[PDB]
Every structure is written in C-alpha cells, then in structure tokens.
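Lettering follows sequence order; numbering is per chain, from 1. Counting starts at 1 for both ligands and their atoms, in listed order.
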Amino acid sequence: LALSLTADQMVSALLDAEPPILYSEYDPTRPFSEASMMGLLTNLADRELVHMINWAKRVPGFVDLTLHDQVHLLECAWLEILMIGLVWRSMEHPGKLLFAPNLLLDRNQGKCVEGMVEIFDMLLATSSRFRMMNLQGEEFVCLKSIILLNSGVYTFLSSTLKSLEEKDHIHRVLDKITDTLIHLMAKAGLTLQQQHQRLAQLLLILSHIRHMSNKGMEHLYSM
Amino acid sequence: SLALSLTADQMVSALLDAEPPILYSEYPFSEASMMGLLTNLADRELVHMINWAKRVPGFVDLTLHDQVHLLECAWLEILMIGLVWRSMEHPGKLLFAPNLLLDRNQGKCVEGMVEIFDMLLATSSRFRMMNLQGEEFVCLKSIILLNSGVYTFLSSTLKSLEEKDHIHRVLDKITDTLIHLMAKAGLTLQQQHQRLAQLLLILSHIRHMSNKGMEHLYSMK
Amino acid sequence: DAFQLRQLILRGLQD
Amino acid sequence: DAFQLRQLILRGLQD
Ligand SMILES: O=C(c1ccc(OCCN2CCCCC2)cc1)c1c(-c2ccc(O)cc2)sc2cc(O)ccc12
Ligand SMILES: O=C(c1ccc(OCCN2CCCCC2)cc1)c1c(-c2ccc(O)cc2)sc2cc(O)ccc12
C-alpha cells in the first residue's frame with residue numbers, strides 16, 4: 001500500500017494520522033499552589049507516548065515491518081518525536097515553549113530544573129529556525145515520519161537477510177516521503193534549486209533534533 | 001566572499017585539495033594498548049583536521065570563537081565519517097589506518113566499544129550500497145563541520161544572525177554542488193533529490209554515533 | 001525504566 | 001581533555 005501512494009495521498013494519510021493535542025493537568029486558576037514542573041511534563045510525555053504508538057501504526061510502511069523492529073524504531077525515536085512536536089507547536093510563540101495549550105512556558109522556566117535550560121535553548125533555537133523557514137504543516141508531518149523510520153534503521157542486526165529486507169523497505173518508504181516533500185515545494189512555486197536547498201535545510205535540522213534527543217536522554221537518566 | 005562565488009566544479013576542487021593526509025598507526029591487544037593506539041591516531045588526526053577546516057570555503061570568514069565552537073562540536077563526527085569512508089572497501093572491518101584494520105571482535109576488547117563499532121560498520125556498508133563517491137564524501141564532511149555547531153551559538157544577538165546567515169549560504173552552495181555531481185552522473189531529477197535525502201539522513205546517524213562515542217569516551221576518563 | 005518503555009510500546013502495537 | 005581540546009583547536013587556528 002505505502003509504495004503505491006501519490007504525493008497528495010501520502011500527505012493526506014500523514015495529516016489524518018496526527019495524534020490529538022494534549023492538555024496539561026495544570027490548573028491556572030490555582031497559581032499559588034505547589035506544582036511540580038517535572039511531574040507535569042512527565043505526565044504529559046507519558047500520555048503523548050500512548051498516542052504516538054497509535055500514530056506510528058498509521059504511518060505508511062510502519063506495520064509492514066516486524067514487531068521487533070516496530071518496537072525498536074519507537075524506542076530509538078520517541079524523544080525526537082516528542083521534541084519535534086513541541087518545536088512545531090511553539091513556532092508562533094517566540095521565546096516560549098508550548099508544551100500544551102494550557103502550559104506555555106517562558107525560556108526562564110528552564111532554570112527551575114538543573115540542567116534543563118541548555119536543552120530549552122536548543123528547543124527554542126529549533127523553533128526559531130522553523131519560523132524563519134515558514135515550515136508548513138505538510139512538511140512537518142513528512143519530517144516526523146522520516147524521524148520514526150530513520151532513527152533506528154542503522155542499528156538493527158546486520159548481515160542477516162531479514163534486516164536487508166527490512167532496511168530495503170524503509171529506504172523505499174523514505175524515498176516516497178522525499179518525493180512528497182519535493183512535490184510540496186514544486187507546487188508552492190520554488191525553483192528546482194530552491195527545492196533541493198530547502199529539502200537539504202530541513203534534513204539538516206533533523207540531525208540537530210537527534211542531538212537534542214541524545215542530550216535529553218542524558219539529562220533524564222541523570223534525574 | 002570567495003566562498004559564495006565558486007562554481008560547483010570549483011567547490012569540489014577546493015574540497016578535494018583540502019584533504020588531510022592519511023595517517024599511519026604506530027602498530028597482541030588489550031583495552032589499554034588498543035585505546036592507546038586509537039588515541040594516538042585520533043589526536044594526530046585532530047591536528048590535521050584543524051588545518052583542513054581552515055581550507056573549507058567559508059570557515060575562516062567566521063569569528064575565531066565560532067570556528068572553535070564548530071570544531072569542538074564536530075570533531076568526532078569528522079573522525080567517524082573519515083573512518084567510515086576509508087572502510088568502504090573492507091566489509092566487516094574498520095580501517096582506522098592502512099596498517100590498523102579491525103573487525104567487530106576486536107571491538108569487544110574495550111568494554112562498551114562493540115555497539116559503536118557495529119554502528120560504524122553499518123554506516124560503511126550503507127555507503128558501499130550507495131556507491132558514495134569521493135566528491136560526495138568531501139561535500140558531506142564539510143556539511144558536518146558547518147552544520148553541527150550552527151544551532152548552538154548564542155541567539156537573539158546581531159552577530160549570531162550574521163554568522164548563521166553566512167553558514168546557511170555556504171551550506172546552500174554545497175547542496176548545489178552535490179546536485180550538480182548527481183546530474184552530471186546521469187540521474188533523473190527524482191533520483192537526484194532521493195540520493196541527496198539519503199546522504200543527509202545518514203548525517204543524523206553520524207551525529208548519533210558521535211554522541212554515543214563521547215558518552216563512551218568520557219566514561220573511560 | 002527502560003523496561004517500562006518497551007512494555008508500553010509492545011502493549012500499544014498489539015491491541 | 002575537555003580543556004586540552006579547546007587549546008589544541010585554538011593553537012591550530014591562529015597558526
Ligand atoms: O519534560 C519533558 C519530559 C519529561 C519526562 C519524560 O520521560 C519520562 C519517563 N517516561 C517513562 C515511560 C517511557 C516514556 C518516558 C520525557 C520528556 C519533555 C521534554 C524535555 C526537554 C528537555 C530535557 O532535558 C528533557 C525533556 S521535550 C517534551 C515534549 C513534550 O511534548 C512533552 C514533554 C517533554
Ligand atoms: O577510538 C577512537 C578514539 C580514541 C580516542 C579519542 O580521543 C582521545 C581524547 N583526545 C583528547 C584531545 C582532544 C581530542 C581527543 C577519540 C577517538 C576512535 C573512534 C571511536 C569509535 C567508537 C567509540 O565508542 C569511540 C571512539 S572513531 C575514530 C576514528 C578515527 O579516525 C580515529 C580514532 C577513532
């Protein structure tokens with residue numbers, strides 16, 4: 001099914017696959033009560049993860065893989081995926097991270113948790129970068145699926161025949177998502193040159209996201 | 001700005017000419033002696049990487065503070081992409097140096113090293129399967145230098161705005177160069193955009209390996 | 001901690 | 001070697 005989709009179809013599938021936007025447990029009518037930043041963020045991350053799994057099943061190509069590899073992809077990607085979602089919804093709120101529509105946090109709330117401000121700044125810098133680029137919703141959903149499919153692909157087994165087939169299938173779906181990205185850009189008026197340039201810009205941001213995710217795990221594990 | 005005036009052919013030449021020398025190791029293992037040999041090599045490569053960075057178009061236009069920062073963020077990625085490139089014609093093996101060629105069982109000599117060896121081998125395989133060309137390699141290595149620290153300068157400062165703009169413009173030139181190599185080699189537009197995406201997606205795997213590497217190295221100290 | 005993640009994912013993918 | 005990296009980088013760039 002996945003390799004037979006046209007670009008318009010792929011975009012639709014991805015838009016339709018989106019998980020719900022979640023609200024925090026924070027009650028802004030009780031601002032002087034004891035609230036735990038990490039508690040609230042943890043509660044949110046854990047509830048998003050439940051929805052992320054169901055979203056992964058709706059990404060074309062994903063359920064064609066074995067169960068073990070489906071698990072592995074999410075295990076390697078989940079924090080990147082949380083982070084790119086944060087960054088996307090934070091685009092229209094410069095200087096702030098919109099963890100939830102009722103939990104919009106200023107940069108300086110990073111300082112409330114030891115070692116968190118560095119990662120906040122990195123998240124804010126990424127949100128800025130999307131803003132400066134006018135990242136479109138269609139492009140965002142393509143990027144989020146690339147993350148899922150690409151982050152664990154290099155660390156399966158290797159020299160086994162099954163992995164060869166699994167990787168081949170992922171690479172073919174990734175090729176389809178690239179075609180889709182280029183198609184959005186061409187449809188929006190960009191020159192070939194401008195198309196390849198923007199595609200490169202977007203994919204180079206993905207390695208920053210990988211970096212943030214690794215720094216994040218490192219910070220989380222240490223709590 | 002010399003860098004933004006270059007044609008694709010000129011960029012490729014500059015990058016090919018910039019290449020550092022291929023170093024030999026000083027080479028019955030242990031964790032200590034192998035790490036000794038690999039440390040010696042990494043440190044000597046780093047001296048040459050610095051000189052190489054100065055020859056990458058755009059790089060010396062940046063401030064000294066940012067030149068430092070870029071290399072500080074990128075150096076292990078750059079060592080790793082070099083390794084993986086010279087290992088391409090040696091499946092199952094990593095060619096740290098022409099006289100130092102190691103398989104995954106020697107990885108096991110150092111606690112926590114095999115996992116990263118396997119990742120490096122998987123990347124070298126991937127380049128083999130793609131027939132990565134030397135011209136493409138030199139472009140990817142410069143992208144790593146210029147891209148890895150660009151998001152973590154200061155921000156909301158006027159100077160940083162100017163620095164990032166300059167880096168983005170050079171990165172656009174290197175993209176144009178990659179597409180040019182592909183178009184010259186016969187690929188369709190579709191095949192061009194697809195290969196470009198494939199190459200840049202591999203860069204996030206290299207970032208990941210570098211972060212895992214730092215994590216492993218720090219834990220020996 | 002790392003077990004709790006695998007459990008969650010395995011639960012979600014199956015039903 | 002977190003301090004020794006930056007110095008090694010610094011010396012190589014200015015010479
Ligand atoms: O605050 C969190 C967060 C909190 C707890 C997390 O994990 C808790 C453990 N949980 C156990 C079951 C498996 C899933 C994770 C993950 C993210 C979020 C982030 C973060 C930022 C910096 C940093 O150093 C670490 C994390 S980013 C983020 C985006 C969201 O949409 C939600 C929460 C978050
Ligand atoms: O073994 C090394 C290595 C050894 C010591 C290093 O650093 C020593 C500290 N030194 C202090 C001064 C600043 C520069 C680094 C770096 C890499 C190499 C790598 C590595 C692989 C797996 C892993 O888990 C960790 C590292 S990859 C690599 C590529 C090379 O071309 C050379 C050495 C290497």
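PDB records give the name of the drug at ligand 1 as raloxifene. Bound to raloxifene (ligand 1) with the largest number of contacts is the chain that the PDB entry calls estrogen receptor. By chain letter, the other chains having a heavy atom closer than 4.0 Å to raloxifene (ligand 1) are A, C. The residues lying within 4.0 Å of raloxifene (ligand 1), counted on heavy atoms, are A/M38, A/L41, A/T42, A/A45, A/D46, A/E48, A/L49, A/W78, A/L82, A/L86, A/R89, A/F99, A/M116, A/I119, A/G216, A/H219, A/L220, C/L5. According to the entry, the name of chain C reads corepressor peptide. Polar contact check, A/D46 against raloxifene (ligand 1): a nitrogen or oxygen pair lies under 3.5 Å apart.
Near A/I119, with a cut-off below 4.0 Å to any heavy atom, the atoms of raloxifene (ligand 1) are 22 (C), 23 (C), 24 (O). In chain A, the residues that UniProt lists as binding 17beta-estradiol and that have a heavy atom under 4.0 Å from raloxifene (ligand 1) are these: A/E48, A/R89, A/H219.
Mapped onto UniProt domains, the residues of chain A touching raloxifene (ligand 1) mostly lie in NR LBD. Counting atoms of raloxifene (ligand 1) from 1 in the listed order, those under 4.0 Å from a heavy atom of A/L49 are 13 (C), 14 (C). Of all the atoms in raloxifene (ligand 1), the ones that sit under 4.0 Å from a non-hydrogen atom of A/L82 are 29 (C), 31 (O). Residue A/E48 has at least one heavy-atom neighbour below 4.0 Å for each of these atoms of raloxifene (ligand 1): 30 (C), 31 (O), 32 (C). Ligand-side atoms of raloxifene (ligand 1) in range of A/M38: 4 (C), range being under 4.0 angstrom from any heavy atom. Distances between N or O atoms of A/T42 and those of raloxifene (ligand 1) include no value under 3.5 Å.
In the deposit, the organism given as the source of chain A is Homo sapiens. Of all atoms in raloxifene (ligand 1), listed by their number and element, those nearer than 4.0 Å to a heavy atom of C/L5 are 13 (C).
Numbered from 1 in the order shown, with element, the atoms of raloxifene (ligand 1) that lie under 4.0 Å from a heavy atom of A/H219 read 23 (C), 24 (O).
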